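Note on naming: letters A, B, ... go to the chains in the order of the sequence lines (proteins, then strands), and numbering restarts at 1 for each one. Heads up, header says this was done by X-ray crystallography, 2.4 Å.
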Amino acid sequence: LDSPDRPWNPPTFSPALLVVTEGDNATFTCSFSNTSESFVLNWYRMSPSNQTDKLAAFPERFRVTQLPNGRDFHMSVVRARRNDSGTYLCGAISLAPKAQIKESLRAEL
Amino acid sequence: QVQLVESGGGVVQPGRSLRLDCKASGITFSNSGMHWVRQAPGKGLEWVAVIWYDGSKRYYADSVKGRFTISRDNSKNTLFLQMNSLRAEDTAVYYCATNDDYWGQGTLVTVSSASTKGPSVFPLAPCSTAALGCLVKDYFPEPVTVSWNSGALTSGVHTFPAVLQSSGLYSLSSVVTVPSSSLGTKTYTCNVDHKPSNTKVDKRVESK
Amino acid sequence: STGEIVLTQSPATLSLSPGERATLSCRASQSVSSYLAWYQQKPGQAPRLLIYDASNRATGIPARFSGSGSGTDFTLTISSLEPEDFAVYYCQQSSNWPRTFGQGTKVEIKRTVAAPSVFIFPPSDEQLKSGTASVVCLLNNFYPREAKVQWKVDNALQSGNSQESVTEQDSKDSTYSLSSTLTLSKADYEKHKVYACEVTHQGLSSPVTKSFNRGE
Ligand SMILES: *[C@@H]1O[C@H](CO[C@@H]2O[C@@H](C)[C@@H](O)[C@@H](O)[C@@H]2O)[C@@H](O[C@@H]2O[C@H](CO)[C@@H](O)[C@H](O)[C@H]2NC(C)=O)[C@H](O)[C@H]1NC(C)=O
């Protein structure tokens with residue numbers, strides 16, 4: 001490659017659009033196939049102008065829980081306000097000095 | 001908790017060979033491209049070689065191409081540098097490092113025909129304030145350490161970097177400045193340690 | 001086909017006080033895109049990554065470090081120098097093989113000019129029982145780093161028979177010290193009387209000489 005390091009795949013964020021009515025819980029699945037144990041997973045929100053807001057993070061209204069399968073995580077907003085409409089995504093960041101970040105594709109709430 | 005540890009350093013005669021190891025822990029080694037970087041005493045950093053996480057590609061600096069070979073064993077987490085046809089100017093600290101910048105702490109390789117030898121410690125006798133010290137002469141290889149009064153005297157101490165003499169042996173001075181009035185009341189002794197030769201010398205320094 | 005990308009850092013030495021702004025430059029002999037990293041090295045320690053790909057801070061690097069540039073011109077900025085920041089800085093390009101470093105910029109504590117205190121030491125009697133004589137000239141606690149030492153033996157300027165050595169910047173008074181060692185065989189040592197060390201430095205309005213006569 002150009003890079004002497006092993007390439008890795010970005011996490012996937014599902015479903016590509018989640019529709020839930022007010023007061024309820026909504027839940028995305030961030031599926032990240034790690035290769036190291038040295039990463040963190042972030043849950044972001046894009047405003048209409050593409051500005052980022054970090055909601056939650058694993059390890060630590062907005063919750064992130066790590067499934068026992070080793071692969072998946074669930075991002076869950078509890079009691080969903082409608083000023084919560086819009087755009088949420090996940091990204092993994094490596095912990096090495098030369099940090100690398102891979103972002104998931106984009107979903108709509 | 002991530003750790004890179006180089007081993008295999010030491011003394012090697014010119015024209016001969018030496019192999020370095022770098023053991024990685026705390027990372028999935030087989031994801032990381034790996035580098036060797038070297039630094040000659042008092043000089044700048046010099047890139048040496050790289051190997052893909054894969055082993056599929058290897059590149060080398062002009063100064064070592066063909067004499068050195070980089071390799072890896074992804075099933076034992078170790079990186080190797082085989083060094084052949086070594087010359088005096090290959091003397092350096094050798095670091096391993098991952099491509100994402102974790103660094104080992106380095107190991108010293110000394111290319112020389114000299115054999116191990118402890119220092120002779122000579123006094124630098126004092127002649128307001130006074131200066132005195134010890135000449136730590138004719139040892140091999142680096143490094144030595146010097147303290148004063150078993151570590152109780154530190155203020156005013158200058159231990160100079162060694163110089164490589166045209167004979168192949170190292171030489172170094174350590175000095176301290178003290179009150180002239182202390183010369184008849186205080187005792188001042190050098191503590192010179194040279195591990196390669198198991199040398200531990202204490203030299204009292206006094207007015208002549 | 002393959003070229004060596006030369007990295008030229010300037011200045012060689014930046015002399016500054018804590019809290020001031022530091023600006024370090026790296027120029028590449030040919031374009032490197034944004035594949036430019038900056039490292040810090042303190043004496044006796046492995047280098048440490050600060051900035052990669054021209055402008056990203058490495059994990060845990062404080063916000064006072066920032067990088068900028070592209071192509072051939074790059075800058076490392078330390079917005080306010082902390083006392084931990086006086087060190088040597090290297091740039092490194094990762095655009096092509098072979099990888100190359102710059103030759104380094106030293107960030108040193110700026111300080112008022114201070115003249116050296118000069119001391120000379122004849123050879124010990126113990127050393128002369130062996131075959132050799134070392135004469136040591138000490139320049140203690142001066143600033144700036146540049147100092148000239150000339151050995152004279154019966155007023156003959158010496159050449160090729162001394163080696164000198166300088167300490168790292170002192171952490172308490174920010175000065176440098178230097179020792180010059182002149183070596184001769186016992187036989188040539190005993191062929192002469194007056195051994196002199198002449199020191200030239202910005203803090204000395206005229207050269208200073210320390211001397212002894214062999215015999216006392
Ligand atoms: C992939 O990651 C899982 C989970 O782990 C990380 O643990 C820390 C690094 C934390 O800071 C976060 O990055 C992640 O939560 C690994 O599985 C774990 O394996 C250890 C081994 O004993 C076990 O203690 C944990 O309970 C496991 N956790 C889960 C959720 O399974 C897994 O090993 C990683 N896979 C690879 C190939 O490295």
### Message
Just wondering what drug sits at chains B and C.
### Response
nivolumab
### Query
By the naming in UniProt, what macromolecule does nivolumab touch most in this deposit?
Programmed cell death protein 1
### Per-chain heavy-atom pairs under 4.5 Å between nivolumab and chain A: top chain
chain B
#### Entry: Heavy-atom epitope of nivolumab on chain A at 4.5 Å
A:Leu1, A:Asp2, A:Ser3, A:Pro4, A:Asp5, A:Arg6, A:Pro7, A:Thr35, A:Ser36, A:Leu95, A:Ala96, A:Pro97, A:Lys98, A:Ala99
### Message
Curious which residues of nivolumab reach chain A - heavy atoms within 4.5 Å, chain and number please.
### Response
B:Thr28, B:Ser30, B:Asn31, B:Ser32, B:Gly33, B:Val50, B:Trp52, B:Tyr53, B:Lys57, B:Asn99, B:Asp100, B:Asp101, B:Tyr102, C:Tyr35, C:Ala37, C:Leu49, C:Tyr52, C:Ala58, C:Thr59
